[PDB]
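Each sequence line gets a chain letter, starting at A and going down the list. All residue numbers given for chain A refer to the PDB entry; the residues shown span 3-414 in order. By the numbers in the PDB entry, the shown part of chain B spans 3-417. According to its header, this structure was worked out by X-ray crystallography, 2.1 Å. Basis for what follows: all heavy atoms, side chains included, without hydrogens, waters or symmetry-related copies. Counting convention: from 1, in listed order, for ligands and their atoms alike.
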Amino acid sequence: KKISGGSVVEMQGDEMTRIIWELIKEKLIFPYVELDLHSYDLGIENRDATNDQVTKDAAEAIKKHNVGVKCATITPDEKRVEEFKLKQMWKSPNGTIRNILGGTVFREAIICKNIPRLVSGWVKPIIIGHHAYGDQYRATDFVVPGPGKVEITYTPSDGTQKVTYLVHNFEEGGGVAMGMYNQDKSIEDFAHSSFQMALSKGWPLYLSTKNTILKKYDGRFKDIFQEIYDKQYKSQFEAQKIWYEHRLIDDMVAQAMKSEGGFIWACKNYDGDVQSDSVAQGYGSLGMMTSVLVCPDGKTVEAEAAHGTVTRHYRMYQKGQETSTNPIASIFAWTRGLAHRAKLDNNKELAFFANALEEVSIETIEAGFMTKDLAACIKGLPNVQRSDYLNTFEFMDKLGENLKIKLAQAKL
Amino acid sequence: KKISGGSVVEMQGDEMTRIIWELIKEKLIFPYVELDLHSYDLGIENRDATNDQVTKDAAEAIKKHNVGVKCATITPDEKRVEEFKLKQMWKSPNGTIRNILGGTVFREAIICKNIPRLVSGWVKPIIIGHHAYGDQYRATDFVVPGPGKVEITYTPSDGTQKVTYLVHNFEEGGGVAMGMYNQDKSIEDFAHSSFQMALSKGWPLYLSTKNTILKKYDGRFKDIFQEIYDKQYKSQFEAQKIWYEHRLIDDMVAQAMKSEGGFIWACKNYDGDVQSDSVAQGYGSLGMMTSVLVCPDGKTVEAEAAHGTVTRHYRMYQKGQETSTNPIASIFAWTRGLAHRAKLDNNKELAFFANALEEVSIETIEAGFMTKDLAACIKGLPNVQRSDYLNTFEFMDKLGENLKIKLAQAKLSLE
Ligand SMILES: NC(=O)c1ccc[n+]([C@@H]2O[C@H](COP(=O)([O-])OP(=O)(O)OC[C@H]3O[C@@H](n4cnc5c(N)ncnc54)[C@H](OP(=O)(O)O)[C@@H]3O)[C@@H](O)[C@H]2O)c1
Ligand SMILES: NC(=O)c1ccc[n+]([C@@H]2O[C@H](COP(=O)([O-])OP(=O)(O)OC[C@H]3O[C@@H](n4cnc5c(N)ncnc54)[C@H](OP(=O)(O)O)[C@@H]3O)[C@@H](O)[C@H]2O)c1
Ligand SMILES: C[C@H](Nc1ccc(C#N)n(C)c1=O)c1cc2cc(Cl)ccc2[nH]c1=O
Ligand SMILES: C[C@H](Nc1ccc(C#N)n(C)c1=O)c1cc2cc(Cl)ccc2[nH]c1=O
Ligand SMILES: [Cl-]
Ligand SMILES: [Cl-]
């Protein structure tokens, strides 16, 4: 009787999201879908036990099966080394996985009619993608201890004359200096992933840069996107009545603020971390922010929540205290992964199910059943009372009962 | 009869803001205050006629008199060179003035109870400052045409060991590469200006950086701020029950979103342009965003609106079409400049007037009289009808009429 789901790579994670992840599987997925799960435990102590090889193996399995669904993981810092007695500060699994796959991470906010938006006008979500988590990760920085010239040079491999550019002549005192870069192939992958994302959604695409200032650096992004668009995607976009345009970031922000949402935005910038995005943080609930890593081909995806492991809630849970952890972004990591699996395999039953679970999630909240973070979006955190929300387990139970009702009603 | 205002440097500007600037002077300032105005025409044609010397002269007058009030100016690009047949693409006057004063531009949103808030919890405004408009302006960028090494080198003037750092080895294909820098003195000015701004407001200060990634580059900002704080400001902050703390930008954004506002934020970042700040663009109109250039000594200020010259409205004005240009940020450039003048001179009458004009501006909007941009904030742009707003001239007349009423009532409340 269960839906034949097919091959899905699953990456288990840490702390509160690891608890919610199991509730999702037990209550929302496994009662209705049978899957050929290729499970990789990306929990912090199994990552330490395999010297982070499990992360690389999981990344390779996604490349092989084209569908990944990942739970939030701990990115180690020095406290985590003291906490778990780690071998070394293992790098972010999110960073390791998208490096190995060569994809673009697109973020999307899950919208509910009763949850106020930062901008009232935004009727459809805005999907934003960044170039390999931002240029901040491709920087080489140092202290200039005193006077002297800082220069950036390019020495051709073919033996042609080197080109030197003056960064700054420090005439008196010191300062700081740094070098950043991008490879053409990485920009091309970013363009292809962005065009594929726009065609799969049936929404227009904008690329934003600061090409008025970084005329050469940002100009290259504008040129590569336009070249790829004209040659390969223009007719396909026209057929769906969508378009692609470059925008100076100044105009893009003003435009996005006056729009109704419903577009893809390839944002060329320095910091692609969701944590430092004031609009992502201003929505009031990181629990509603999902992410999808899309590839140039448009055939491989890895879906995960944009939020972290929710350590503060995990500490309450460890003491037997009630929590109200929002599972929506984690649920949409499963629905987005399953929707892609269903598309690749022409599995109408799995496609129907994946959409129904997203609908049930939104309808539950729209009917006034929600976690504390969402009740705080409506009333303001100081005005929230216990009767305004459901705890983590009550909310999962409500979704499970509404999903059973949705699928029972559908049989007719 | 009129208030003796004292010495104020005035910089006239361009397009729609120049029109509003004159309406402010005629209707809101000159009927009540007498000023020793040191006027500099920073209009695009006069800047071109003096080869941008007027900009430098204005900056020097600000240093002497300590109070500047500036109108929005055109920053020339290739289209403007063609438009006005300019001799060269003159640099941003805002950038030139900031560079001469060694100041930091702090932005503040003007709040009206009836204009919806972006974050409900923000009961007090957040004042944000950037480092010399962001590092994007201190970049040297180029195309890497093909395979090869990109390296960044430092060659000491004293002849000691040259240090080379690999930016990237381009093995297959090309790409792009760039170098950015900051001078210590510029970071020190930024720290001093930020500490002075926090002390003058009586609000705590946060510096944000990405020092987890740019450990050397951003670490230098954290170190310079802490050094200066401990050496010249800790006791003064402690006396006012305020504090200074560095924050990783990730934590600062989460903290700011859960706060009540009421703090100064020195934001170390790449792009300090207001027009690419989603929060500045997300709340109200840029007509409600004012700015103040503050200097390391905490004595000199230059106030101006954070928005531009509003060229789209100027084109409507040039063709006799009605406009609805918000003058609030420009008015607050005058009130903030005059409030500083009053503080420096202990001029209670000018301090009282500057505050009364800010109150009249906010009260007018709160009583339902506003420009189209503000009516669209409340109703949503599609639902705005002509009867929901006042045109540029009607709004200035209403403010003028309400200012006359405010000052008449103040006199009648005496005895
Ligand atoms: N922050 C990120 O986006 C992120 C991404 C990947 C990995 N990580 C890892 O996650 C771990 C914890 O990071 P963190 O605590 O800084 O960030 P976090 O897990 O995203 O939690 C920060 C706070 O946001 C709220 N929150 C986040 N997700 C929520 C949800 N599903 N439902 C309800 N509230 C939610 C909670 O606020 P209240 O405390 O007000 O309830 C929570 O304490 C770290 O080890 C980090 O390496 C973080
Ligand atoms: N000195 C400065 O403070 C400064 C700052 C920024 C730019 N600039 C210069 O100003 C010129 C115009 O640049 P820009 O168009 O990007 O900037 P802008 O003048 O800020 O105008 C952009 C748009 O923002 C809205 N807007 C801004 N201020 C407004 C106000 N007072 N009332 C109502 N709406 C307002 C309008 O939107 P709608 O079109 O939807 O009505 C306007 O078209 C350029 O020459 C630029 O260099 C100078
Ligand atoms: C992916 C995310 N999407 C949304 C965030 C918040 C809200 C609200 N309210 N909505 C509707 C989004 O779609 C997003 C949007 C965004 C928009 C602008 Cl103008 C600037 C930065 C943004 N960053 C985001 O992460
Ligand atoms: C100077 C400006 N201040 C305000 C903008 C918008 C609103 C609203 N609503 N308020 C209250 C401000 O104080 C500002 C704040 C800001 C805050 C965050 Cl979290 C991020 C970026 C910001 N940029 C701004 O320009
Ligand atoms: Cl950025
Ligand atoms: Cl930035």
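- Sitting at ligand 3 is the drug FT-2102.
- Ranked by contacts, the top partner of FT-2102 (ligand 3) (the one with most) is named in the PDB entry as Isocitrate dehydrogenase [NADP] cytoplasmic.
- Lab note: other chains with heavy atoms under 4.0 Å from FT-2102 (ligand 3) -> A.
- Among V281(A), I129(A), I128(A), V276(A), the residue whose heavy atom lies closest to atom 1 (C) of FT-2102 (ligand 3) is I128(A).
- Residue and atom in covalent linkage with FT-2102 (ligand 3): none.
- The PDB entry identifies the source organism of chain A as Homo sapiens.
- Considering only non-hydrogen protein atoms, atom 10 (N) of FT-2102 (ligand 3) sits nearest to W124(A) CE3, 3.7 Å.
- Short contacts between FT-2102 (ligand 3) and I113(A), defined as distances under 4.0 Å to a heavy atom of the residue, involve ligand atoms 11 (C).
- Using 4.0 Å as the threshold, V255(A) has no heavy atom nearer than that to any atom of FT-2102 (ligand 3).
- Close contacts between FT-2102 (ligand 3) and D279(A) involve ligand atoms 21 (C), 22 (C), 23 (N), 24 (C), 25 (O) [criterion: under 4.0 Å to a heavy atom].
- For FT-2102 (ligand 3), the atoms sitting less than 4.0 Å from at least one non-hydrogen atom of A258(A) are 19 (Cl), numbered in the order shown with element in parentheses.
- For FT-2102 (ligand 3) and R109(A), the ligand atoms under 4.0 Å from any heavy atom of the residue are 1 (C), 25 (O).
- Atoms of FT-2102 (ligand 3) found under 4.0 Å from any heavy atom of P127(A) (numbered from 1 in listed order, with element): 13 (O).
- Residue contact check: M259(A) has heavy atoms under 4.0 Å from atoms 19 (Cl) of FT-2102 (ligand 3).
- Protein heavy atom at the shortest distance from atom 12 (C) of FT-2102 (ligand 3) is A111(A) CB, 3.5 Å.
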